[PDB]
Amino acid sequence: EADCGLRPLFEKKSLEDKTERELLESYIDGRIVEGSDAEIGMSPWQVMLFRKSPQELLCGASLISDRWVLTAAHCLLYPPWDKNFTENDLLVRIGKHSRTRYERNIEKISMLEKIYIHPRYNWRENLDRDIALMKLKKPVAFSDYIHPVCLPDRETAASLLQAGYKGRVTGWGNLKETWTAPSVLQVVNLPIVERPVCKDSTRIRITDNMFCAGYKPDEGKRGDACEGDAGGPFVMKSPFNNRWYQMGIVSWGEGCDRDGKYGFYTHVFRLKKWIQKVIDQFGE
Ligand SMILES: C[C@@H]1CNc2c(cccc2S(=O)(=O)N[C@@H](CCCNC(=N)N)C(=O)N2CC[C@@H](C)C[C@@H]2C(=O)O)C1
């Protein structure tokens, strides 16, 4: 996308969201709290993936063009639970801040033309390459509240996706609500963890198409990956062109809020080839 990574209400407008300068600095602070209410238009690529019959929220996602939504394959397909949603079992709302409040002339809704899951998406073991692209029927117009997010390049992925560096999840606590055995848009900034540690922390076979984020718990923080939503986006603001890049789809995890457990994600850049191939050779 020629226009992405720049929020209409922020970067385009010289203003900067309260908690962002702790992302560029990747500098951790003296606070127990981590996530709270997210401000108006703080993430204009956030997409609400819905089930049709009955009506319910499934996953979060991301607008990348006026045509393509990006998400975790699991949201659409999981045969251990015979979960196979077709194009017309699902819909999307964009520009939503309040979970239960229609903002007039502001929020949009759309049905899907087609669904594209990854071919060697290993849903049989560890949800390898948990990625999926959704094409829209009627295309959406970018306003102040709807804007596409950027995709990483080789320089950005090498320079940003390292341990200690920080990223950000946004959602509506779907996850938290689903596995607690909540209202307006949530934002919680998490740091990237060492792949040596990611492995170490889980009994489950991980791949390079996967990375983890969270806090090692000898530095007691209340920063949990469950305040967002499944299939949601992981984003990191680049200090080389101000642009916000999506780095990892919220993939999977063990339990939720606990010491020395981290949210694993799809390695977006590592699959940059696939995503782009379908936009270049299928839509428009
Ligand atoms: C290979 C994975 C391993 N784990 C699981 C699987 C399936 C069902 C439930 C689990 S869970 O209990 O460990 N945890 C849930 C919820 C925890 C969310 N953690 C995060 N920090 N993201 C989960 O990972 N998943 C991912 C797979 C889907 C199918 C169910 C469920 C979810 O709703 O996100 C398959």
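Numbering of residues begins at 1 and proceeds along the displayed sequence. Ligands are counted one by one from 1 in listed order, and the atoms in each one are counted from 1 as well. Per the header of the entry, the method used was X-ray crystallography, 3.0 Å.
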*At ligand 1, which drug is present?*
S-argatroban
*asked:* I'd love to know the main binding partner of S-argatroban in this entry - how is it named in the PDB entry?
replied: Thrombin heavy chain
_Could you tell me which UniProt domain of chain A does most of the contacting with S-argatroban?_
Peptidase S1
*Which organism did the depositors list for chain A in the deposit?*
Homo sapiens
*Within 4.0 Å of S-argatroban, heavy atoms only, which residues of other chains turn up?*
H74, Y78, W81, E125, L127, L175, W179, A225, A230, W252, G253, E254, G255
